[PDB]
K.L.:
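Pasting in a structure now, in structure tokens, and then I'll have a few things to ask.
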Amino acid sequence: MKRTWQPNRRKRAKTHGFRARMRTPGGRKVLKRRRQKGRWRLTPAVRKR
Amino acid sequence: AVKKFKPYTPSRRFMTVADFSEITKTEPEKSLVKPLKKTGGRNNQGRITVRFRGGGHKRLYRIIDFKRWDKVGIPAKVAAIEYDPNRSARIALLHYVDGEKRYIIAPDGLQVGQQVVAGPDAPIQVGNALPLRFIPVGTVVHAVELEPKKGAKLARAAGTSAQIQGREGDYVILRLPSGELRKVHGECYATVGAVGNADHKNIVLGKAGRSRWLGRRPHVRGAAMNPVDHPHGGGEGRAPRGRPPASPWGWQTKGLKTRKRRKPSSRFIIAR
RNA sequence: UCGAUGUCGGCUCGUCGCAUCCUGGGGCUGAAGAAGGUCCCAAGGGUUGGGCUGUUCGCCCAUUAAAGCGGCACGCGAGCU
RNA sequence: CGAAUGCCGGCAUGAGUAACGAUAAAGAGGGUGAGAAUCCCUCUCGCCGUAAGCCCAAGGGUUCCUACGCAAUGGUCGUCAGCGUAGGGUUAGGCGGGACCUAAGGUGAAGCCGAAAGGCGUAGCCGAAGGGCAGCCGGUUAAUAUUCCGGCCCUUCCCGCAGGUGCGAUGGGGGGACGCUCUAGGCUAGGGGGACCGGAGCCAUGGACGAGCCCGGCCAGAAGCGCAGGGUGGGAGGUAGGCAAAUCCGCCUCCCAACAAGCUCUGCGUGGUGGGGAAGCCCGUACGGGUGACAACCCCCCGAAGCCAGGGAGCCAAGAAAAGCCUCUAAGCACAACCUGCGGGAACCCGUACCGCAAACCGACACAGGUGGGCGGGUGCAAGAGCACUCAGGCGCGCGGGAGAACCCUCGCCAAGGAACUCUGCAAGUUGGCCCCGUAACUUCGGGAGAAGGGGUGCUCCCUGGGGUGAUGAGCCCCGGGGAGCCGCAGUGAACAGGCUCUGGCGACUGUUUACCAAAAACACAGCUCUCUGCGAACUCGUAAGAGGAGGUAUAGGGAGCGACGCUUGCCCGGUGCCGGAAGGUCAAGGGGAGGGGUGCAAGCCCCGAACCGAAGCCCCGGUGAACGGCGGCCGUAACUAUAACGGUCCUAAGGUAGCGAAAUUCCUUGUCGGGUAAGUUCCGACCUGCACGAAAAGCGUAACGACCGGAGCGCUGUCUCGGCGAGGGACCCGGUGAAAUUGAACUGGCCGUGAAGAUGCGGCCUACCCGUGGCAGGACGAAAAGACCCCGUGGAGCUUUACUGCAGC
RNA sequence: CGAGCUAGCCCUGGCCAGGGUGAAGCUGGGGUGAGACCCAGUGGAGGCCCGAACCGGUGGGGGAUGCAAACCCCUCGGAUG
RNA sequence: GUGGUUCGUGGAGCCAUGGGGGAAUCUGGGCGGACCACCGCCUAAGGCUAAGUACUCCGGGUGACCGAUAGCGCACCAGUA
RNA sequence: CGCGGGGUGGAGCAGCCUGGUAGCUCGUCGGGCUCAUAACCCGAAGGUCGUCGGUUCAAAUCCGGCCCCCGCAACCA
RNA sequence: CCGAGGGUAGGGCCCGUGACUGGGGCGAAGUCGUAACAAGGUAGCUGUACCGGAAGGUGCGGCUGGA
RNA sequence: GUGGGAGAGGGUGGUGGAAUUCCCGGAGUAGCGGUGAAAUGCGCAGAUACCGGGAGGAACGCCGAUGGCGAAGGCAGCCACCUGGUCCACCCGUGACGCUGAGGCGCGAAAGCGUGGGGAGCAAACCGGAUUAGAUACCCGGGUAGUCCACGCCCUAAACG
Ligand SMILES: NC[C@@H]1O[C@H](O[C@H]2[C@@H](O)[C@H](O[C@@H]3[C@@H](O)[C@H](N)C[C@H](N)[C@H]3O[C@H]3O[C@H](CO)[C@@H](O)[C@H](O)[C@H]3N)O[C@@H]2CO)[C@H](N)[C@@H](O)[C@@H]1O
Ligand SMILES: [Mg+2]
Ligand SMILES: [Mg+2]
Ligand SMILES: [Mg+2]
Ligand SMILES: [Mg+2]
Ligand SMILES: [Mg+2]
Ligand SMILES: [Mg+2]
Ligand SMILES: [Mg+2]
Ligand SMILES: [Mg+2]
Ligand SMILES: [Mg+2]
Ligand SMILES: [Mg+2]
Ligand SMILES: [Mg+2]
Ligand SMILES: [Mg+2]
Ligand SMILES: [Mg+2]
Ligand SMILES: [Mg+2]
Ligand SMILES: [Mg+2]
Ligand SMILES: [Mg+2]
Ligand SMILES: [Mg+2]
Ligand SMILES: [Mg+2]
Ligand SMILES: [Mg+2]
Ligand SMILES: [Mg+2]
Ligand SMILES: [Mg+2]
Ligand SMILES: [Mg+2]
Ligand SMILES: [Mg+2]
Ligand SMILES: [Mg+2]
Ligand SMILES: [Mg+2]
Ligand SMILES: [Mg+2]
Ligand SMILES: [Mg+2]
Ligand SMILES: [Mg+2]
Ligand SMILES: [Mg+2]
Ligand SMILES: [Mg+2]
Ligand SMILES: [Mg+2]
Ligand SMILES: [Mg+2]
Ligand SMILES: [Mg+2]
Ligand SMILES: [Mg+2]
Ligand SMILES: [Mg+2]
Ligand SMILES: [Mg+2]
Ligand SMILES: [Mg+2]
Ligand SMILES: [Mg+2]
Ligand SMILES: [Mg+2]
Ligand SMILES: [Mg+2]
Ligand SMILES: [Mg+2]
Ligand SMILES: [Mg+2]
Ligand SMILES: [Mg+2]
Ligand SMILES: [Mg+2]
Ligand SMILES: [Mg+2]
Ligand SMILES: [Mg+2]
Ligand SMILES: [Mg+2]
Ligand SMILES: [Mg+2]
Ligand SMILES: [Mg+2]
Ligand SMILES: [Mg+2]
Ligand SMILES: [Mg+2]
Ligand SMILES: [Mg+2]
Ligand SMILES: [Mg+2]
Ligand SMILES: [Mg+2]
Ligand SMILES: [Mg+2]
Ligand SMILES: [Mg+2]
Ligand SMILES: [Mg+2]
Ligand SMILES: [Mg+2]
Ligand SMILES: [Mg+2]
Ligand SMILES: [Mg+2]
Ligand SMILES: [Mg+2]
Ligand SMILES: [Mg+2]
Ligand SMILES: [Mg+2]
Ligand SMILES: [Mg+2]
Ligand SMILES: [Mg+2]
Ligand SMILES: [Mg+2]
Ligand SMILES: [Mg+2]
Ligand SMILES: [Mg+2]
Ligand SMILES: [Mg+2]
Ligand SMILES: [Mg+2]
Ligand SMILES: [Mg+2]
Ligand SMILES: [Mg+2]
Ligand SMILES: [Mg+2]
Ligand SMILES: [Mg+2]
Ligand SMILES: [Mg+2]
Ligand SMILES: [Mg+2]
Ligand SMILES: [Mg+2]
Ligand SMILES: [Mg+2]
Ligand SMILES: [Mg+2]
Ligand SMILES: [Mg+2]
Ligand SMILES: [Mg+2]
Ligand SMILES: [Mg+2]
Ligand SMILES: [Mg+2]
Ligand SMILES: [Mg+2]
Ligand SMILES: [Mg+2]
Ligand SMILES: [Mg+2]
Ligand SMILES: [Mg+2]
Ligand SMILES: [Mg+2]
Ligand SMILES: [Mg+2]
Ligand SMILES: [Mg+2]
Ligand SMILES: [Mg+2]
Ligand SMILES: [Mg+2]
Ligand SMILES: [Mg+2]
Ligand SMILES: [Mg+2]
Ligand SMILES: [Mg+2]
Ligand SMILES: [Mg+2]
Ligand SMILES: [Mg+2]
Ligand SMILES: [Mg+2]
Ligand SMILES: [Mg+2]
Ligand SMILES: [Mg+2]
Ligand SMILES: [Mg+2]
Ligand SMILES: [Mg+2]
Ligand SMILES: [Mg+2]
Ligand SMILES: [Mg+2]
Ligand SMILES: [Mg+2]
Ligand SMILES: [Mg+2]
Ligand SMILES: [Mg+2]
Ligand SMILES: [Mg+2]
Ligand SMILES: [Mg+2]
Ligand SMILES: [Mg+2]
Ligand SMILES: [Mg+2]
Ligand SMILES: [Mg+2]
Ligand SMILES: [Mg+2]
Ligand SMILES: [Mg+2]
Ligand SMILES: [Mg+2]
Ligand SMILES: [Mg+2]
Ligand SMILES: [Mg+2]
Ligand SMILES: [Mg+2]
Ligand SMILES: [Mg+2]
Ligand SMILES: [Mg+2]
Ligand SMILES: [Mg+2]
Ligand SMILES: [Mg+2]
Ligand SMILES: [Mg+2]
Ligand SMILES: [Mg+2]
Ligand SMILES: [Mg+2]
Ligand SMILES: [Mg+2]
Ligand SMILES: [Mg+2]
Ligand SMILES: [Mg+2]
Ligand SMILES: [Mg+2]
Ligand SMILES: [Mg+2]
Ligand SMILES: [Mg+2]
Ligand SMILES: [Mg+2]
């Protein structure tokens, strides 16, 4: 039947986006750590135009 | 009135509709004086505070005039009488001679063509509005104010009305659609007559949908749910509560009074 | 046997015991004959179809030479229901 | 290190075993090649065709096209590929999105709130398949084209000229601007037909040179015309309203219009011109090219759900906003500016390949699953997007070849009987569309109804009645009627298409639900009743601000129960609750200080501390059951017995009314009668000794409704007696690829014993040459899950309350 | 950190072939003092009916190291709310 | 009414404080564990102030530290696949 | 089988737990009123306390065993 | 073609019968009470309504066949 | 026809006063209620009785009659509107147009029913207190439907002269 992953570019940047994470105190920390851990990608790689 | 139906479908037998004869060939509302976008929504910021709402026909707000000392002395002619989805009372639209249009909740009687007005002057006739003092003790009246300049608030439901009782200082005793004798200030307007369309209390919704149309989702009894989400809940084949009847949140609901005790509004009240 | 021995009944499949329901042999009979009663020998084969109940079991209906009692993890769910 | 169902890794066993992913289906000839069932080509066959064909959007991100390649990927093969290497390929003022607008919702200056973090928040801003907005038809590439090219037609800006007018805003007004159902008129898309027109060709096999077969008879298109249709009154006075001002809008009052007459505005025809243009045949493809061709390009008919569109009518549940646009004026400015025509110039950013019901998206897979929008031909079947076949187009599902066992799956048929099957007619059958006859109890007059039960259905000829489009006609297309007659077992001859009835239980009904074992009698539901709430409402969320309630106001809002409708819902307020009681009793901080104490030489300083004054709550006095609840026992009595209308007595707060009753309640119980049956623990009707019904956790009924549950009968049948044969997909054999859970090691027999009590492994005896293949499941206390029952642990969680102790809240 | 699955609500769009049944209301006639009302014809209502799409998921069978960590076949509920 | 200190209401001071009341300027005020007397010690309600102390992203040195299942998760283009 | 409640004049009930004293209502019997019956009025009688044991100075009463009576329980499998 | 009849399906009326149930009539000397006729010891009767073992009571309006 | 008369004849709207019950203020105490007698009940939480004020419902004293009006059921404070019946005088008009009346249709007390409203007094049922052998009755203290209004039903009667 229908599954749980229904990709959607908008929803994805809108939710796990970078400006998205900067906006909140908890998300900014999410960035810190990922930066502090090394992670090549701080946030998901949404795309297209 | 109240239209009836032959049983050509169970439900549309007991079903009963209003009679919109009193509706002056109007329907399409009046831009300008209303309508405004009406933000429908069953909960506040986030959560749902009143339960069981949502869904139900889209609606446009008819921005009515609920404080008439706006036009003291300026007479206006009642133009139409139309339907208002936001209330039980039908409403009348009227053109002042000032050239301004505005709606008023329509009183029983008021016919299209009639002239109506407000102010200390104003003749005591259906439609006219005046400060409570200047109104004849005993006359009935609707659309009362509670405090000078704050707008109408009592007897505005379909065909409801309040009767003046006496005077007493800068105050005048009323008798609200509920039976409470209240002391209102003299300077509160109150347009004379009863609200009209009193057949409203007689409409037999009819089916399940009918309720759904007016935006009210099904209502489930506490008795149906479990202990986890309401007092009356569990365990075997139904049950008799098992304790003093209570609400989802738990306070008694078969008798417990609510008005907050030490309210300042107490002293101006006298009844039930 | 609880780091699992699936549990009632039914179905299918059997197989075994004899403390034998039938058929075979026999003694006594309050056995004239016919039909019984009762005990002894005997398990080779046989031991029906239905109504009701999940039923085992029963109680019926219609028959039969008879419509036997038990065991096999209340035989049989890596065979079925 | 030998064990931890240990951790990582490696390699075994099962095993050449199961599988190889829809039963839509393949056969051949010729290519290429080291190597072809699998790649290319041609012929034949088959499958899809409201798709398994096209066109968008999302998602994906080079998969596109081409050349060279097969180690791996491909469930086999592979010369092939969506795979490897390389190169190429995506072109916009008019398509979509942005230098436009607003929606929910975000964000948020002002402001408000919060220990901090932060939370709110009218303006504004952001926010879109919603509003607005200027491109149609062809042609070209191996791959892009509404983007390039051709033809034709538009839009903004900026600068000029030419002419008009008081021009002029984020401000005023108008407009934009709106539901559902049903719809008329005229068009278009699309489709059918043609004795007419245009075309290579073709007369086969008995006949046909014929108004024969086969193929095709269009596309776009400015202005102007025409045909539909949408919008809209025109004056003049007066004005105090549209938060300043308006000449605008609104409201009065007189005129002329009421008509679309007129203005505009779309749509459809026609249009200068521009393009396309079959079969067949010839070619070389991996495909397209050429000819047919000076191609013809005409006449009828059906016709939308699309267009005119803001069309119309009806109904209640009463149906976004803002901009563009029009208009109005304000500051300012009127040598500005704006409007109209005409030129010239300027016109940016991002997307554009390909897949896209799927091998490229979501499912670890080239996965029988899931995925929004538009087009979706013809014929027949009453209709249709149904069904059968078939255009265009696309496929034969990336292992094959044989065989013709058991068994399985899916399918087909069957003598006689037919429910004897079985928990159950589970399953399967019977029935089936349309037309016409004809239909009961009951009933809320609608219904029950497709009740039931019947007959008709093909083809041919004759006569004949209505329309529709054309003129009042031919044709073409729809509906009908009457009469003769033909052929088969059979005419909705294939496909799609209720078995019916009787009677109970529950629930009124349509709905809803345990996504992934329960679809129900459960939830919901209209409706009934109780209770709270006067509005800064009650209530809910929130520390607050705040919001919801509600831009509501007692005919309203919250909470509780009951649950259409009919007839009804008795008695108990003693206990619990809630409601009402300016009296009393108790009662905390606080007030009050009689009196006492500690130190001081003392003035003092510091402590206790009785009266008495002290809330709510509790106590106490009352009320209240559609509030939590409750609604008896033992004896005796009638002129046959029997039973008890009658009585006595004990105790309750009162001692279950009506109605119903062996029940979805009945233990004893298959109660006892009666009905159905040859036979009935079920079923139906009764009786009442109701273990342990009973009136809004409603009581007793109730037409209609039900994938609910029980009982019966008719019809029909492989359910059964009681099996049999047949079909295909597996199973089996051959070639190719090749798993798995499991596994202390094994050289792994029966019996009677024995052993921790159920032995291949111990004893005794019996049997037994070594190794496989298809089969059956009795066993290895067989595999699978550290038993989900039970107990245990001073293990854990969810839940309850007059358990304890707190907290919110009041 | 999550409502890209699922649940509800808010905003904005879209979809529902073709058949039945025939409510009100109209119009005509009948009726009356006026009515009620009764006949036709018209009309096109409805959590109405048959039935695709679509949304489901009743019974059975298959599947059960599956095509699939919910599938397939026949059958079946709703389908203008 | 609470927090701090060893101090859990204790005979409970001291130091901080949300609440109420509410002074004095050297003959003024606080403290020495309830309180009072005496004897003493300090001078609240403003602020700043090196050093000695902590840490190891980074550089260097040394190891009765490891030696590719060890040692950092990574000796290898790893916070990668 | 288990649990706990009950047997008292003719009938229904008290009386015990803090042992010594059996009470109420009805009925029964005698008398009265009435023409008579009942009602009513006046007087009277009536209990081995279910039984076998002992506990005490003394048992309806307290403690054991049977005898019937009633009410409850019988779950997880 | 019609057609006696036979078959099948569904209705209409009537008769018979049935566990059990409802009230009725009748049947010398069973039980309970006293409703009515005297002012019947609550004047009676009445339509209706609720209640009670029973006669019956009570509400509302009515009647003289009572005062 | 003309011109007059009486009337609680009917429907609608409005209005007045007496009394009851409740609430508020006052003042005031030790009992009030009730009956054959009582008790239940109410009252120091301040009753009864008395004065002041307010709310609400229903019924209209005197006039009133043995009277009037209507077809009956039935109809009563007062005012206005709409409206029916009817008697007299005058003998002007029509000119036999008449009587009854199966059926139909309308109306029809009280109680009862539906929907909504209202509810002071009263009051089935019901609860108490007495009475009695018992009382599911009479008597007493409470008390709900109903009694009142609107609309729609029901169609009965000692609807009796
Ligand atoms: N014929 C009387 C009708 O039935 C009823 O009356 C019946 C009963 O009331 C009556 O019963 C009476 C009883 O009332 C009276 N107090 C005692 C008497 N012994 C009984 O008598 C009855 O039984 C006996 C014996 O069996 C018979 O012989 C006698 O005929 C019979 N009436 O017996 C009657 C039947 O026979 C109605 N009350 C009466 O109004 C009605 O009209
Ligand atoms: Mg607007
Ligand atoms: Mg919130
Ligand atoms: Mg938020
Ligand atoms: Mg509910
Ligand atoms: Mg539940
Ligand atoms: Mg709870
Ligand atoms: Mg409960
Ligand atoms: Mg229960
Ligand atoms: Mg075990
Ligand atoms: Mg094991
Ligand atoms: Mg023997
Ligand atoms: Mg013998
Ligand atoms: Mg055996
Ligand atoms: Mg056994
Ligand atoms: Mg057994
Ligand atoms: Mg067994
Ligand atoms: Mg099994
Ligand atoms: Mg096994
Ligand atoms: Mg070891
Ligand atoms: Mg391993
Ligand atoms: Mg094998
Ligand atoms: Mg094999
Ligand atoms: Mg195989
Ligand atoms: Mg395959
Ligand atoms: Mg085909
Ligand atoms: Mg690639
Ligand atoms: Mg390719
Ligand atoms: Mg190649
Ligand atoms: Mg391969
Ligand atoms: Mg594969
Ligand atoms: Mg090659
Ligand atoms: Mg490639
Ligand atoms: Mg923008
Ligand atoms: Mg730019
Ligand atoms: Mg905002
Ligand atoms: Mg914010
Ligand atoms: Mg914006
Ligand atoms: Mg947009
Ligand atoms: Mg565009
Ligand atoms: Mg392409
Ligand atoms: Mg201008
Ligand atoms: Mg403007
Ligand atoms: Mg505007
Ligand atoms: Mg020939
Ligand atoms: Mg054209
Ligand atoms: Mg102005
Ligand atoms: Mg060509
Ligand atoms: Mg319109
Ligand atoms: Mg704007
Ligand atoms: Mg492109
Ligand atoms: Mg493309
Ligand atoms: Mg699609
Ligand atoms: Mg494949
Ligand atoms: Mg797929
Ligand atoms: Mg889909
Ligand atoms: Mg089509
Ligand atoms: Mg068809
Ligand atoms: Mg199809
Ligand atoms: Mg057969
Ligand atoms: Mg046959
Ligand atoms: Mg048969
Ligand atoms: Mg059977
Ligand atoms: Mg059998
Ligand atoms: Mg059955
Ligand atoms: Mg079946
Ligand atoms: Mg049924
Ligand atoms: Mg049934
Ligand atoms: Mg249901
Ligand atoms: Mg569901
Ligand atoms: Mg489920
Ligand atoms: Mg269902
Ligand atoms: Mg299910
Ligand atoms: Mg608010
Ligand atoms: Mg609001
Ligand atoms: Mg409510
Ligand atoms: Mg319920
Ligand atoms: Mg229910
Ligand atoms: Mg009750
Ligand atoms: Mg009580
Ligand atoms: Mg009480
Ligand atoms: Mg109480
Ligand atoms: Mg209280
Ligand atoms: Mg107090
Ligand atoms: Mg019974
Ligand atoms: Mg029971
Ligand atoms: Mg029988
Ligand atoms: Mg049977
Ligand atoms: Mg029987
Ligand atoms: Mg019950
Ligand atoms: Mg109840
Ligand atoms: Mg119920
Ligand atoms: Mg349903
Ligand atoms: Mg078979
Ligand atoms: Mg086969
Ligand atoms: Mg092989
Ligand atoms: Mg052994
Ligand atoms: Mg050995
Ligand atoms: Mg051995
Ligand atoms: Mg085995
Ligand atoms: Mg095992
Ligand atoms: Mg364990
Ligand atoms: Mg258990
Ligand atoms: Mg413990
Ligand atoms: Mg009609
Ligand atoms: Mg219809
Ligand atoms: Mg429907
Ligand atoms: Mg359907
Ligand atoms: Mg402390
Ligand atoms: Mg010190
Ligand atoms: Mg000291
Ligand atoms: Mg010091
Ligand atoms: Mg100082
Ligand atoms: Mg410092
Ligand atoms: Mg080393
Ligand atoms: Mg390592
Ligand atoms: Mg090594
Ligand atoms: Mg590592
Ligand atoms: Mg009969
Ligand atoms: Mg008498
Ligand atoms: Mg009497
Ligand atoms: Mg009497
Ligand atoms: Mg009476
Ligand atoms: Mg009575
Ligand atoms: Mg004359
Ligand atoms: Mg007459
Ligand atoms: Mg009447
Ligand atoms: Mg009445
Ligand atoms: Mg109602
Ligand atoms: Mg009274
Ligand atoms: Mg007496
Ligand atoms: Mg009384
Ligand atoms: Mg009379």
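In what follows, every chain begins at residue 1, and chains take the letters A, B, ... in the order their sequences are listed. Order of appearance sets the numbers: ligands from 1, and atoms from 1 within every ligand. A restricted portion of the entry is shown here, and the contact count covers that portion and nothing more. Hydrogens, waters and symmetry mates play no part in the numbers below; they use all other heavy atoms, side chains included.
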K.L.:
Which drug name is given for ligand 1 in the PDB records?
P.N.:
paromomycin
K.L.:
Just wondering - which macromolecule does paromomycin hug the most here, in the naming of the PDB entry?
P.N.:
16S rRNA
K.L.:
Taking 4.0 Å as the heavy-atom contact limit, which other chains touch paromomycin?
P.N.:
H
K.L.:
Identify the binding-site residues of paromomycin using a heavy-atom cut-off of 4.0 Å.
P.N.:
H/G25, H/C26, H/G27, H/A28, H/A29, H/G30, H/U31, H/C32
